[PDB]
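Drug bound: paracetamol. Macromolecule: bromodomain containing 2.
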There are 2 protein chains.
Amino acid sequence: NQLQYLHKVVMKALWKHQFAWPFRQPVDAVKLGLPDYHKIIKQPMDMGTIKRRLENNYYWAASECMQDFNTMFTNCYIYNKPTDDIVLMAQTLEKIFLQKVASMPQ
Amino acid sequence: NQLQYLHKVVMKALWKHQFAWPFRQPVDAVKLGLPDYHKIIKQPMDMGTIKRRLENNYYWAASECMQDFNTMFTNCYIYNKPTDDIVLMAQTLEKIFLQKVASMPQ
Ligand SMILES: CC(=O)Nc1ccc(O)cc1
Ligand SMILES: CC(=O)Nc1ccc(O)cc1
């Protein structure tokens, strides 16, 4: 029920959120012109990957899925400048993620 | 039971962790020589404040306490350089926080 909740409640709300768009696919450092991205970011993560993983029964515990969300947001905070819009977008999304996690079943 | 779990399980493990020390008290931008800290960081947070809040029944829901932890970690990622040791310290602590949150009661 935990993973089903993360898929059907948490990911459903985040995926369609207006600020989701920069996070729905992996960062393409070449297309985005970010030559140092993978020098700085050790473990890339995005909602597209998390969504596919939920759909495919990839996770064993809710904790792993939660860690993936955390990694995605943290990468954003670490790589980007504090004043970048994407940082505010991540913050908004992460607050919702945490709120929903707080109501997750045991 | 949620808030009691965050206090007696989550905060107990984080407080005494070896990487806790930079997070046990508010960032003193004057003493640490960080003149731009409060220009960049809008909502300061630390484990000392969270611990006092848990002790004093400040929180209404686990979500608020969780948000405070998140804010503390996010501030760290946003303000500091990616290669700073404190960033790795925050990451380690946040992973533990999330792991414990995953086993929190409803
Ligand atoms: C998730 C993330 O950091 N995305 C991202 C970063 C910089 C940029 O210029 C475009 C997109
Ligand atoms: C929580 C935090 O960012 N602390 C912190 C940042 C920079 C520094 O030089 C010393 C401490």
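The chains carry the letters A, B, and so on, in the order of their sequence lines. So for chain A, numbering is the PDB entry's, and the shown residues are 77-182, in order. Chain B residue numbers are taken from the PDB entry; in order, the displayed residues are 77-182. The analysis underlying the following values was restricted to heavy atoms, covering all of them including side chains, and did not include hydrogens, waters or symmetry mates. When a ligand or atom number is given, it counts from 1 through the structure's own listing order. Recorded method is X-ray crystallography, 1.9 Å.
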I'm trying to find paracetamol in this model - which ligands or chains should I look at? ligands 1 and 2
Which chain letters come up when looking for other chains with a heavy atom under 4.0 Å from paracetamol (ligand 1)? A
Which other-chain residues or nucleotides lie under 4.0 Å from paracetamol (ligand 1), by heavy-atom distance only? A:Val103, A:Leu108, A:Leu110, A:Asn156, A:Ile162
Check paracetamol (ligand 1) against A:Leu108 and write out every atom of the ligand that is under 4.0 Å from a heavy-atom position of the residue. 10 (C), 11 (C)
Number the atoms of paracetamol (ligand 1) from 1 as they appear, then name those within less than 4.0 Å of a heavy atom of A:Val103, with their elements. 1 (C), 2 (C), 4 (N)
Any idea which protein heavy atom is nearest atom 7 (C) of paracetamol (ligand 1), and the distance to it? A:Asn156 OD1, 3.2 Å
Any idea which protein heavy atom is nearest atom 9 (O) of paracetamol (ligand 1), and the distance to it? A:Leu110 CD2, 4.0 Å
Any other ligand or ion under 4.0 Å from paracetamol (ligand 1)? none
Residues of chain A binding protein per UniProt, non-hydrogen atom under 4.0 Å from paracetamol (ligand 1): A:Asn156
Suppose we measure from atom 4 (N) of paracetamol (ligand 1) to each protein heavy atom; which comes out shortest, and what is that distance? A:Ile162 CD1, 3.2 Å
Below 3.5 angstrom, do we get any N/O pair linking A:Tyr155 and paracetamol (ligand 1)? no
Top UniProt domain of chain A touching paracetamol (ligand 1): Bromo 1
